Chemist: 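We have in hand a structure of Beta-lactamase carrying nacubactam (bound form).
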Protein chains: 2
Amino acid sequence: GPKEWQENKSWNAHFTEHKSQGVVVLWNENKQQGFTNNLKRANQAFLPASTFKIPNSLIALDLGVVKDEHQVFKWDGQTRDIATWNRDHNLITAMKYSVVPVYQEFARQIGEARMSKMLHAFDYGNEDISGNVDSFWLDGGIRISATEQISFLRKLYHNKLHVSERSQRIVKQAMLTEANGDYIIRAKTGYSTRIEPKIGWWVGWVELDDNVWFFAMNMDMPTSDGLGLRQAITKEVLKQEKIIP
Amino acid sequence: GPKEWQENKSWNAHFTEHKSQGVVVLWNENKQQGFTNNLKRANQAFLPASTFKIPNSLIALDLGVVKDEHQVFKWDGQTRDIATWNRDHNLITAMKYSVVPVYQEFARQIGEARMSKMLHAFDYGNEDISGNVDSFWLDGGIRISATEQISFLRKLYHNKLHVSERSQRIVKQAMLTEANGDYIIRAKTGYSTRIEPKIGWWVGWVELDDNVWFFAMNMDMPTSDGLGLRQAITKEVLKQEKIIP
Ligand SMILES: *C(=O)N1C[C@H](NOS(=O)(=O)O)CC[C@H]1C(=O)NOCCN
Ligand SMILES: *C(=O)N1C[C@H](NOS(=O)(=O)O)CC[C@H]1C(=O)NOCCN
Ligand SMILES: [Cl-]
Ligand SMILES: [Cl-]
Ligand SMILES: [Cl-]
């Protein structure tokens, strides 16, 4: 009978066409079935890098570190390499421009004891926060696979994480990436650069009228010049599968 | 001293270019200033028609008539003129396809006494539900102006309406119309067809990185062939004002 996970190796052509290597994982929520070009890499756990902004946001909101999505976190005045980081942000714009220093402040205020407890409650990856509480997702011990990202996102979608429904709704709002009459994408990018292998991430879901497709992709990323391929390769797969036009 | 409300008659050219007549009203939230091509029509009160799905959704959720935005409302098997209505819906798709029969059932469950009480609590328009409990917003006594639509939407944006924050967040999600890196539009269309003058509505807001612009427009609409002009004329104004590219 039907399998929970199937391999579609033809998706490899979208990686090969872009001289890239990696994995796309899709989950069809209505059918409760998943699909991937590489089931082994789908289960390979990596540093989450900026995709950790999703659980970090949830925990900061539920503990009151962040009051709501419009509370301002002022620039600390240190000029950093990414110009959009050198300004004041709220939760929405800090996720959109992936403003690491704002989320490091969130993590410091959460603190290691509460961070560990909440990642255990979330069943999140290997749940390991060894390192600095404000960098373990960049250069510490936490690891999460693409399929574990989907597991986490499915709980978030259904408001079933062990945090308030309010925090889950706010974070799903902050994840909004694209919307038109054909679909809504809620997602977060990431780029793990400090520990080899350097990889790019894109995790989230596509909302249709009558279904939701969760996705999690990662790919080898030796330089930042290829970062647009995270979304491009994913969208090529979504187009091949007739999920988006 | 600066003016809270200012008239910009140059927007009339966008109506004339499309052989149309109507009003666009904008509110700049950061500046606390409003702008319109027609100050009198901005304050004239009309039937809300399908823009009433915003307060109706809020009331249905807060009263428990609708449990959440994924609860399925099954098609009643009656084949109606609009093909997208002849389907099962949830709150998200019922708002998107503006599925009147679903919202008439909400209104019947709410009932006259609770509907009236809640519209008074919302300060919604003239607060008058005279007529049929399931059609007063189409052919009964309720009236709301474009400026009153903005007032109501600003309360919704800030979670200040007299319903749970949860219901307000769910409805703001259901209002999602378009999103890209440049802006998010949350809005609801309507077409008042039963009492003259027939008018098209578009009410909502445009979220930018650092500001939000509320808008409410209505325009004479003798035929459904012109309904695309509601968004087109509004967007021409937003482009003229450099709010969207
Ligand atoms: C997170 O992965 N970040 C922050 C920022 N994210 O941009 S995105 O990859 O488009 O979401 C830039 C890349 C990455 C970092 O540079 N983080 O700090 C160093 C650890 N990789
Ligand atoms: C509400 O304004 N409705 C329902 C539907 N809305 O579509 S929209 O105008 O694009 O938002 C069509 C127009 C209008 C009605 O006609 N409603 O009356 C009951 C069905 N004729
Ligand atoms: Cl981060
Ligand atoms: Cl949203
Ligand atoms: Cl309606």
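One letter per chain, A onward, in the order of the sequence lines. For chain A, we keep the numbers from the PDB entry: what you see runs 21-265, in order. Here chain B follows the PDB entry for its numbers: 21-265, in order, are the residues you see. Reckoned from all heavy atoms, side chains included, excluding hydrogens, waters and symmetry mates. Counting starts at 1 for both ligands and their atoms, following the listed order.
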Chemist: Give every ligand number or chain letter for nacubactam (bound form).
Modeler: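 All copies together: ligands 1 and 2.
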Chemist: Enumerate the other chains with heavy atoms less than 4.0 Å from nacubactam (bound form, ligand 1).
Modeler: A
Chemist: OK, so UniProt lists some beta-lactam-binding residues in chain A. Which of them have a heavy atom under 4.0 Å from nacubactam (bound form, ligand 1)?
Modeler: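 UniProt-annotated residues with a heavy atom under 4.0 Å: A:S70, A:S118, A:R250.
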Chemist: Out of A:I102, A:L67, A:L158, indicate the one that has the non-hydrogen atom closest to atom 18 (O) of nacubactam (bound form, ligand 1).
Modeler: A:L158
Chemist: Give yes if a backbone or side-chain nitrogen or oxygen of A:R214 is under 3.5 Å from a nitrogen or oxygen of nacubactam (bound form, ligand 1), and no if not.
Modeler: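 No.
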Chemist: Which bit of A:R250 is near nacubactam (bound form, ligand 1), meaning a heavy atom under 4.0 Å away: side chain, backbone, both or neither?
Modeler: side chain
Chemist: Of the choices A:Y211, A:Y123, A:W157, which has the non-hydrogen atom that lies closest to atom 14 (C) of nacubactam (bound form, ligand 1)?
Modeler: A:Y211
Chemist: A:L247 near nacubactam (bound form, ligand 1), heavy-atom distance under 4.0 Å?
Modeler: no
Chemist: Among residues UniProt annotates as active site in chain A, which lies closest to nacubactam (bound form, ligand 1), and at what heavy-atom distance, rounded to 1 Å?
Modeler: A:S70, 1 Å
Chemist: Any idea which atoms of nacubactam (bound form, ligand 1) are less than 4.0 Å away from a heavy-atom of A:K208?
Modeler: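 Result: 11 (O).
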Chemist: At under 4.0 Å between heavy atoms, which part of A:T209 makes contact with nacubactam (bound form, ligand 1): side chain, backbone, both or neither?
Modeler: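 The answer is both, backbone and side chain.
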Chemist: Look up the source organism of chain A in the entry and report it.
Modeler: Klebsiella pneumoniae
Chemist: With nothing but distance in play, are any N or O atoms of A:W105 less than 3.5 Å from an N or O of nacubactam (bound form, ligand 1)?
Modeler: no
Chemist: What's the covalent partner of nacubactam (bound form, ligand 1) here, residue and atom?
Modeler: A:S70 OG
Chemist: Only heavy atoms of A:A69, strictly under 4.0 Å: list the atoms of nacubactam (bound form, ligand 1) that pass.
Modeler: 2 (O)
Chemist: Check whether any N or O atom of A:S118, backbone or side chain, sits under 3.5 Å from an N or O atom of nacubactam (bound form, ligand 1), and answer yes or no.
Modeler: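 It does: an N or O of A:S118 is found under 3.5 Å from an N or O of nacubactam (bound form, ligand 1).
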Chemist: Which nacubactam (bound form, ligand 1) atoms are under 4.0 Å away from a heavy-atom of A:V120?
Modeler: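 Per the distance check, 4 (C), 17 (N).
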Chemist: Tell me the contacting part of A:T213 for nacubactam (bound form, ligand 1): side chain, backbone, both, or neither, using a 4.0 Å heavy-atom threshold, strictly below.
Modeler: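 The part of A:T213 near nacubactam (bound form, ligand 1) is both the backbone and the side chain.
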Chemist: If we count only non-hydrogen protein atoms and require a distance under 4.0 Å, does atom 16 (O) of nacubactam (bound form, ligand 1) qualify as touching the protein?
Modeler: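 No, no protein heavy atom sits under 4.0 Å from atom 16 (O) of nacubactam (bound form, ligand 1).
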Chemist: Report all residues and nucleotides of other chains within 4.0 Å of nacubactam (bound form, ligand 1) (non-hydrogen atoms).
Modeler: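 Counting heavy atoms, it is made of A:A69, A:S70, A:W105, A:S118, A:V120, A:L158, A:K208, A:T209, A:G210, A:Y211, A:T213, A:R214, A:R250.
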